[PDB]
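Order of the sequence lines fixes the chain letters, A, B, ..., with proteins taken first and strands second; residue numbering starts at 1 for each chain. Every number for a ligand or one of its atoms is a count from 1 in the order of the listing. This deposition comes from X-ray crystallography, 2.0 Å. The analysis underlying the following values was restricted to heavy atoms, covering all of them including side chains, and did not include hydrogens, waters or symmetry mates.
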Amino acid sequence: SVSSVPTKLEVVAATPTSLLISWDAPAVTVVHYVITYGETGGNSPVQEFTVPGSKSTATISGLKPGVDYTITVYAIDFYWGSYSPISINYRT
Amino acid sequence: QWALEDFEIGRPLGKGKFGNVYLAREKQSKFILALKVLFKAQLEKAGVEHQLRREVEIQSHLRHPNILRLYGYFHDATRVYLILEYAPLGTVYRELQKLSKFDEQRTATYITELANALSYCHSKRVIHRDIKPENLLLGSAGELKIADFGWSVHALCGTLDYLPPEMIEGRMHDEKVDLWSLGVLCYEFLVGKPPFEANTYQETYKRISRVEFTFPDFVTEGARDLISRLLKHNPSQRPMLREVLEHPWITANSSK
Ligand SMILES: CO[C@@H](C(=O)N1Cc2[nH]nc(NC(=O)c3ccc(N4CCN(C)CC4)cc3)c2C1)c1ccccc1
């Protein structure tokens, strides 16, 4: 509850149908980041993909224009499993 | 289940090699526990992170009154946390420094507690537990608590003094290593120092491999008998833990 990995998740650029997200990586090595996204209304299904731990950005594409979305990212430690997630909202 | 937000972090109980150990209270019930911190960057620099990950799983399954309970573990960006049972009386090492040596009633009771714990471990096919005094904690009733994770404990090394001959020569070993360790510990409890102590590694190695040791005059015949039965060079000649628990010197002096 007090911490999350990654931190400071943000949308740095966008098109009508895509988002470029960025985050701060921790010092410790991360296996990969789990990125989920879906319509904030809670009715549409959540889509999920992974991004290698060496990356600090990712592109979310195939989005609908003018829709509220919730994006969630959490890292994975090789030995100790997942970290707590961090979530943001963005309207395309 | 258990997470960092569930605990209020109290005063430090002591510092380990990779971080501090704190008295802790579960927020909802105020139940007293110990929170052990191990920095990830330190674990990796020492090359023991994999070892810690494996051993927290191992220890989480060991439920015995004389084995410190490991209730769970979690992590954040920089630390690994262990939620451990709180042993309020500290290490038996500090008790031994205070008393110089233990009498036979106190020693035989300790040996009974450890023989019980080691028999439980052996029933789980887990062997070679760390029972050096510096790594044994004491419960509220003064009962011993095996901790293991000895590499994580801040202190020369005491490991060598407790290794049986098959381990110092790096040969295949079995559950009989714990019988040898028991004999080394019984001697140190009664005498105040381990039996094979020497000022160099080669000298200590020679003493262990030859089982060269002497008893001070005050060590009684029953204690000598038990210790000598345990300190056999040939592991198969060391007794069963049941024979220790039923040894006449143990049953005459143990309060358990
Ligand atoms: C570094 O890890 C700790 C660890 O894992 N642990 C888990 C765990 N649980 N309870 C613990 N107790 C203490 O550390 C402690 C120290 C001094 C104390 N006092 C000093 C003298 N007494 C007369 C009054 C009270 C009372 C308790 C620990 C440490 C460890 C330390 C030593 C041996 C093995 C493990």
Name of drug found at ligand 1: danusertib
Most-contacted chain near danusertib (ligand 1) (per UniProt): Aurora kinase A
Other-chain contacts of danusertib (ligand 1), heavy atoms, cut-off 4.0 Å: B
Residues binding ATP per UniProt in chain B, non-hydrogen atom under 4.0 Å from danusertib (ligand 1): B:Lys36, B:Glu85, B:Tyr86, B:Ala87, B:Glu134, B:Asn135
Any B:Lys145 heavy atom less than 4.0 Å to danusertib (ligand 1): no
Minimum heavy-atom distance, danusertib (ligand 1) to UniProt active-site residues of chain B: B:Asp130, 8 Å
Mode of B:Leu84 contact toward danusertib (ligand 1) - side chain, backbone, both, neither (heavy atoms, under 4.0 Å): side chain
Species of chain B according to the entry: Homo sapiens
Protein contact of atom 9 (N) of danusertib (ligand 1) - nearest heavy atom, named by residue and atom, plus distance: B:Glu85 O, 2.8 Å
Heavy atom of B:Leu136, distance to danusertib (ligand 1) below 4.0 Å: no
Atom 17 (C) of danusertib (ligand 1): nearest protein contact (heavy atom, Å): B:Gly90 CA, 3.8 Å
B:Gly14 near danusertib (ligand 1) by a heavy-atom separation under 4.0 Å: no
Deposited covalent linkage of danusertib (ligand 1): none
UniProt domain of chain B with most contacts to danusertib (ligand 1): Protein kinase
Binding site of danusertib (ligand 1), heavy atoms under 4.0 Å: B:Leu13, B:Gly16, B:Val21, B:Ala34, B:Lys36, B:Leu68, B:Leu84, B:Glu85, B:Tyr86, B:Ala87, B:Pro88, B:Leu89, B:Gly90, B:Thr91, B:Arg94, B:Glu134, B:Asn135, B:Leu137, B:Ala147, B:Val153
